[PDB]
**Student:** 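Examining a structure with paromomycin at the moment.
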Amino acid sequence: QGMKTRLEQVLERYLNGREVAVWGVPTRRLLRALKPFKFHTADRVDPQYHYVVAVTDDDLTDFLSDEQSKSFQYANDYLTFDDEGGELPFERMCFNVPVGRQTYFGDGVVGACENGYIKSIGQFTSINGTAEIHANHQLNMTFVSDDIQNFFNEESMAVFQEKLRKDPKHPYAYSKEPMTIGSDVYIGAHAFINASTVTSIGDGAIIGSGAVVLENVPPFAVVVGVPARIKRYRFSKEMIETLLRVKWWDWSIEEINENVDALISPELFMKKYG
Amino acid sequence: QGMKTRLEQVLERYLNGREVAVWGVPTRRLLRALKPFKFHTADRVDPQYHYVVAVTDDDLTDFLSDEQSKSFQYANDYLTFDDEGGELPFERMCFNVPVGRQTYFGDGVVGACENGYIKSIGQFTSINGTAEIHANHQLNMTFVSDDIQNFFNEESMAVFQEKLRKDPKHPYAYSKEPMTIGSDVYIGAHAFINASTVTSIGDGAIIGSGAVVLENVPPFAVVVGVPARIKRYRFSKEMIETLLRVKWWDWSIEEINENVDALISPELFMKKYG
Amino acid sequence: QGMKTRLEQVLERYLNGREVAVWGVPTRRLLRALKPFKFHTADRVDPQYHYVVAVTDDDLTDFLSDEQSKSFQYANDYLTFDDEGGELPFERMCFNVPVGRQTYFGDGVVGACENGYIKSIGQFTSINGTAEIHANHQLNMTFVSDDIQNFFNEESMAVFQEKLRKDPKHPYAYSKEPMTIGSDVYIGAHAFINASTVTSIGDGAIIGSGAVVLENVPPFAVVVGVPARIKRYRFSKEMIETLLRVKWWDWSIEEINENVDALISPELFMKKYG
Ligand SMILES: CC(C)(COP(=O)(O)OP(=O)(O)OC[C@H]1O[C@@H](n2cnc3c(N)ncnc32)[C@H](O)[C@@H]1OP(=O)(O)O)[C@@H](O)C(=O)NCCC(=O)NCCS
Ligand SMILES: CC(C)(COP(=O)(O)OP(=O)(O)OC[C@H]1O[C@@H](n2cnc3c(N)ncnc32)[C@H](O)[C@@H]1OP(=O)(O)O)[C@@H](O)C(=O)NCCC(=O)NCCS
Ligand SMILES: CC(C)(COP(=O)(O)OP(=O)(O)OC[C@H]1O[C@@H](n2cnc3c(N)ncnc32)[C@H](O)[C@@H]1OP(=O)(O)O)[C@@H](O)C(=O)NCCC(=O)NCCS
Ligand SMILES: NC[C@@H]1O[C@H](O[C@H]2[C@@H](O)[C@H](O[C@@H]3[C@@H](O)[C@H](N)C[C@H](N)[C@H]3O[C@H]3O[C@H](CO)[C@@H](O)[C@H](O)[C@H]3N)O[C@@H]2CO)[C@H](N)[C@@H](O)[C@@H]1O
Ligand SMILES: NC[C@@H]1O[C@H](O[C@H]2[C@@H](O)[C@H](O[C@@H]3[C@@H](O)[C@H](N)C[C@H](N)[C@H]3O[C@H]3O[C@H](CO)[C@@H](O)[C@H](O)[C@H]3N)O[C@@H]2CO)[C@H](N)[C@@H](O)[C@@H]1O
Ligand SMILES: NC[C@@H]1O[C@H](O[C@H]2[C@@H](O)[C@H](O[C@@H]3[C@@H](O)[C@H](N)C[C@H](N)[C@H]3O[C@H]3O[C@H](CO)[C@@H](O)[C@H](O)[C@H]3N)O[C@@H]2CO)[C@H](N)[C@@H](O)[C@@H]1O
C-alpha cells in the first residue's frame, strides 16, 4: 500500500535501529511490513536490542504475562500488529484520517476510515470495538443491492454511478463531507452511526450502548436509543461554550499534568477559564 | 463433510487444472480441502498456471495490494477461504441452503444456515456481517437452558425432545418451515431476526440497523426499531404487485444490462411493466 | 499467569497421563500451556493414548468432521483452546469467577470476568457470544476518556483515582460489589449489561435480543428493549418463591434424571415442591 499503517508509523519513530522480535505466529501482511528490518521469532528479548511485535491481542496478553516484558514500555518498545485502531501517545493517521492521542476504536471504525466515511477523529476519544459505521445504499432506484454493479458493463456503470453522485440523501456517502468525530467522545458497545446522514459528532459527545444515531450529535450531548435522541447534555451551556475554544485536549502532556485540578473538577474548570 | 463448501464449489467450476497458490497461513480445514490438488505457498503467481486462495480477508487485502494480483479476476482466478458468506457471480449453496447471485452475509447467518434456520436466500441481497439469526429456547418448562440436555440419559432425552416438537411457539425452530430471505433485501448492522417466529422475509425488504424483527417482513417494507415496526414501504403498492412477478433479480447478466434504465429509474420501471 | 485457564482446568482433571494432539495451528499462548506435556501435531489419534486439543472453533468443526473423532467424548477426550467461555460438565473458574455447569458465554463476557466486573455465573446459564458487559466511565469530571491517564504522572494519577473510588455512580465498577449472574439465565444476541449500575441478575432471568439493561433484573423476569423494561415474568409468583430455594440447578446429574417430569412440566413442578 501507499499509506503507512499504524504499526509502520510507530516503528518509524521508536524502533531506532533495533531488530523486531515477533511474539506470535505472523500473518502474510506482517511479513511484508517487517521485510526491510531484521526480525525473528521472539525468544530472549532485551529492549536495548529488540522491539517486540505481538501479532494479535491474545499474543500481547501472553507477552505481558511473561517476566521478560516488564522492561518494555507500551509503544516505545512493543506494539500489537493487528491493532490499527489502538490508542497511541502521539497523533497518528489511519487511511488518510488523522487520529488524536489516546484514541482507540474497533475494526468496524477502521474499515470506516478506509471507506472514506471519516474525516478526522479527535483526541482522548473512546470508541467501543463493537461500534459500526456504515453508509446507506441508494433508495431512489428499483434495487437496493450494491454488488449488483458487479454485472454492469461500462455503459451501465457510468449511468448507475451518475445518479449516485446526484443524490441529496448521500448513498455510499458519495455527496457529503466525511464525518468528523470530536475529542473527549465516548461511544458505547453495539452503537451505530449512519455515514450517509451523520456528518459531525461534536467534541465531548456521549453515545449510549445499542444507540443508533442518524443525525449530527451536538458537542457534549448524550444521545441514547433506537433511534438516538438527546436525553441530557453532559455539561452546562456556559461550559460547552468555554470548552469549545479552550481545547484542553490540545494541551501538552506537561500542561495536562499542570491543570489536573481543572480537568478533575468541572466546577473548578469554569473558575479558571470562564 | 458431505456438503461442499463455498470454496469447493468455486474451485469445481473455475480452477480447471491449475494449482492453488495459498496467500496466507492455512488452517487445518483448508489443508483438508486442498488435499487432492497441487498447492504451495504463493510466491510468483500467474493466473494461467495458478489460482490464488487467500486464507483470511486480511490476507486478501495483502494480495490485492500486491502488483501480481491485477491479472486475477475475482472468482475465476482467486477467492477467500474464510468467506463462506461472500458474494459470488453464480448461484451457490451453503449448508443445503440456496444462495442467489451477488448475495453476501456474515458468520452469524452462515451458522444460521447450518442450524437449518434458513431455507433460501434471494439474489442481490445485502446482509451485514454483524447480523444474527437465532431461535428461541423452550419456554413451556421450568428451565430455559439448552445444554442442560448434555446430562439427560436416553429416557430423559426422549421426553424432553418430545414436547419440543409439540410446541406452537417453535423452540429451536423445531416445528416450523425454515425461514426464507427474499431478493434485493437489505439488512443493517447489529440487526437480529428470531428464527423461532420469523418464517419469511419478503423480497426487497429493508431491515434497519439495531433492528430486532420478531415477525414476518412483507415484501418491500422497511422495518425499524426494538422491536421492529413497519415505518414505511419502499415502493408504492402498484409497484410491489408488479415487482413480485416480473422478478428482475432472475434476469440474465445481459438482460440486466439491457434494462439498466428500468432498474435505475423506478418511475420508468412501472411504465415498462405496468 | 497465576490463575488457571479453562483449558488447564480441563486437562488437570481428564488428561491423565496422555499426550496432547493439537488439531490446528497453535498460538503462542497454547504452546506455553502445553509446555510441560508431550504434544504433537495430530495425525492418527486414539483416545486411549491421546487428547485432542483444537486451537480454534473452526479447527474443532474440522476435527468432528473427521472419522477419528467419534471415539472422543466432549471434555474427557477433547476441548477447544480458544474457548474460555465454553460450557463444561463440571463447575470451573474464569479469572477468579466461579462458572456453573453447562454455562457458556462469549469473548465479551470473558473479558468482563477478567476486568472484575462479574462475581459469579450460575449453572445452566445461556449467554450469547455477542453480548457485551462494560462499566461506565467517570462523569463527574471535565473529561470522559479513560486512557487520558496514560499521561498522568504519579501526583496526577493519585488524585484522579482518588475521586474514582469516591463516586456513587460507580465509574469503572470501582465502588460496587461485582455483578452476579444467576442460574437458568438466558441472554440474547446484541445484549448489553452496564457493569457500573447492574449488580445482580436474578436466577431464571431472560434478557431479550438487542436489550440494554441498566438496572438489576429480578429473578425469572423477562427484560426487553432499549433501555430494558420488564415486559413479563417467566413464571407465577408462587413458583418464583419456591424455585428460589429448591435450586434444581444444584441437583446432581442423577437427580436431574430422576425429576425429569418436574423440570419438564412447570405445572408438575409446583405439585411436587409447593
Ligand atoms: C450512556 C451512559 C453513559 C449514561 O450514563 P448515566 O449518566 O448514568 O444515565 P442514567 O443512568 O442516569 O439514565 C439516564 C436516562 O437515559 C437512559 N439511558 C442511559 N443510558 C442508556 C443506554 N445505553 N441505553 C438506553 N437507555 C439509556 C436511561 O434509561 C435513563 O432513562 P430515564 O430518562 O427514564 O431516567 C451509560 O448508560 C452507557 O450506556 N454507557 C455506555 C456503556 C458502554 O457501552 N461501554 C463500552 C464502551 S467503552
Ligand atoms: C433503514 C434506513 C435505510 C432508513 O433510511 P431512510 O429512508 O433515510 O429513513 P429516514 O432517515 O428518512 O427516517 C425515517 C424514520 O425512520 C427512523 N429510522 C430510519 N432508520 C432507522 C434506524 N436504523 N434505526 C432507528 N430508526 C431509524 C428514523 O428515526 C425516522 O424516524 P421518523 O419517522 O420520526 O422520521 C437507514 O436509516 C439504515 O439504518 N440503513 C442501515 C445502515 C447499515 O446498517 N449498513 C450496514 C449494512 S450494509
Ligand atoms: C426475549 C424472548 C425470549 C421473548 O420470547 P416470547 O415469550 O415469545 O415474547 P413474545 O413474542 O410473546 O412478545 C412479547 C412482547 O415483548 C416484545 N419482545 C419480545 N422479545 C423481544 C425482543 N428480543 N426484542 C424486542 N421486543 C421483544 C415483543 O415485541 C412483544 O411485544 P408486545 O408486548 O407488544 O406483545 C425472545 O423474543 C428473544 O428475543 N430471545 C432471544 C433470541 C436470541 O437472541 N438468541 C441468541 C442467544 S442463544
Ligand atoms: N473496504 C472496507 C472493508 O470493510 C470490511 O468490513 C466490512 C464491510 O466493509 C465489508 O464489505 C462488504 C463485504 O463483506 C462484501 N464482500 C462485499 C460487500 N459489497 C460489502 O458490503 C459493505 O461494504 C461496502 C463498502 O465497500 C459498502 O458500499 C456496502 O454498503 C456495505 N454493505 O463486510 C464487512 C462486514 O460488513 C473490512 N473491515 C475491511 O477488510 C475492509 O476495509
Ligand atoms: N452449529 C452452529 C454453530 O454456530 C456457531 O456460532 C454461534 C452458536 O451457534 C454457537 O452455539 C453455542 C455454542 O457457543 C456453545 N458451545 C453451545 C451452545 N449450546 C450454543 O448455543 C447456541 O447454539 C445452539 C445451536 O446449536 C442453539 O440451540 C442455542 O439456542 C444457542 N444458544 O455460539 C456461537 C455464538 O453464539 C458457529 N458460527 C459455528 O461454528 C456453528 O455452525
Ligand atoms: N482487560 C480486558 C480486555 O478486554 C478486551 O476486550 C475489550 C476491552 O476490554 C478492550 O479495552 C479497550 C482496549 O481496546 C484499548 N486498547 C484500551 C482501552 N482503555 C480499553 O477500553 C475499555 O477497556 C477498559 C478496561 O481495561 C475499560 O476501563 C474501558 O472503560 C473500556 N472502554 O477493547 C476490547 C473491545 O472493546 C479483550 N477481550 C481482552 O484481551 C482483555 O481481557
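Residue numbering restarts at 1 for every chain, and letters A, B, ... go by the order of the sequence lines. Values reported hereafter were calculated over all heavy atoms of this structure, with side chains retained and with hydrogens, waters and symmetry mates removed. Counting starts at 1 for both ligands and their atoms, following the listed order.
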**Student:** So, about paromomycin - where is that in the structure, copies and all?
**Tutor:**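 Every copy is at ligands 4, 5 and 6.
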**Student:** Okay, contact question: for paromomycin (ligand 5), which chain racks up the most heavy-atom pairs under 4.5 Å? Name from the PDB entry, please.
**Tutor:** Aminocyclitol acetyltransferase ApmA
**Student:** In this structure, which other chains have a heavy atom at a distance under 4.0 Å from paromomycin (ligand 5)?
**Tutor:**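 Other chains, by heavy atom: B, C.
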**Student:** What's sitting near paromomycin (ligand 5)? I mean other ligands or ions under 4.0 Å from that drug.
**Tutor:** ligand 3 (coenzyme A)
**Student:** Which other-chain residues have at least one non-hydrogen atom less than 4.0 Å from paromomycin (ligand 5)?
**Tutor:**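 Counting heavy atoms, it is made of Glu114(B), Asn115(B), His137(B), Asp146(B), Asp147(B), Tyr172(B), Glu87(C), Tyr104(C), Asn128(C), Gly129(C).
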